[PDB]
Amino acid sequence: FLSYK
Amino acid sequence: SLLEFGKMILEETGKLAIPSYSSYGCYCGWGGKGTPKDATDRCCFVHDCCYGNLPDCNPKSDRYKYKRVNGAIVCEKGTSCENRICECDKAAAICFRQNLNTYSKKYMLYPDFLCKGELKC
Ligand SMILES: CN1c2ccccc2[C@]23C[C@H]4[C@H]([C@@H]5C[C@H](O)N4[C@@H](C5)[C@H]12)[C@H]3O
């Protein structure tokens, strides 16, 4: 939940 | 895993990992090439380097546990890989908090050809 940095 | 990293960033900066940090500068997100555009980009470069020190680990999918002692991020005992992955993410989250003041929207979706140069960790 909401990351791929 | 990216699940913990993203919650960490949101808690720390208030910004959502995707799309605030998923395609920022030359190192935040996919790839790694060129000269970090700014402090926030340096945070990602160092983070990338941090993962680089853990060859036989899997930072994107290996989940770890962490708690917050008052505001402090505290990594909990897990496997060796989970501990080191957590320390790498923690540092980036703090680094992100520490450089919010210079976060620049002109660096989101930064084009690839503008990432010129090399930089050893
Ligand atoms: C080899 N190492 C590098 C050697 C020289 C310059 C840059 C890099 C890394 C650091 C970081 C990132 C990906 C993911 C991993 O965390 N690391 C690897 C590949 C690269 C990539 O940018």
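Order of the sequence lines sets the chain letters (A, B, ...), proteins ahead of strands, with each chain counted from 1. When a ligand or atom number is given, it counts from 1 through the structure's own listing order. How was it done? The header gives X-ray crystallography, 2.5 Å.
From obidoxime, ataluren, acepromazine, dyclonine, ajmaline, the name that belongs at ligand 1 is ajmaline.
Structurally, the greatest contact with ajmaline is made by what the PDB entry calls Group II Phospholipase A2. Other chains within heavy-atom reach of ajmaline, distance under 4.0 Å: B. Organism of origin for chain B, per the PDB: Daboia russelli pulchella. When only non-hydrogen protein atoms are considered, atom 4 (C) of ajmaline lies nearest to B/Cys121 SG, 4.9 Å. For atom 17 (N) of ajmaline, a protein non-hydrogen atom is found at a distance below 4.0 Å. Inside a 4.0 Å radius of atom 12 (C) of ajmaline there is at least one protein heavy atom. Of all atoms in ajmaline, listed by their number and element, those nearer than 4.0 Å to a heavy atom of B/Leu119 are 6 (C).
The shell of residues lying under 4.0 angstrom from ajmaline, judged by heavy atoms, excludes B/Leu54. An N or O contact shorter than 3.5 Å links B/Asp48 to ajmaline by distance.
The distance criterion of under 3.5 Å between nitrogen or oxygen atoms is met by B/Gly52 with respect to ajmaline.
Distances from atom 8 (C) of ajmaline to the protein include no heavy-atom value under 4.0 Å.
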Identify all pairs of nitrogen or oxygen atoms, one from ajmaline and one from the protein, separated by less than 3.5 Å, and list them with distances.
residue: ajmaline; atom: 16 (O); partner: B/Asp48; partner atom: O; Å: 2.6
residue: ajmaline; atom: 16 (O); partner: B/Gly52; partner atom: N; Å: 3.3
residue: ajmaline; atom: 17 (N); partner: B/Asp48; partner atom: O; Å: 3.4
residue: ajmaline; atom: 22 (O); partner: B/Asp48; partner atom: OD2; Å: 3.4

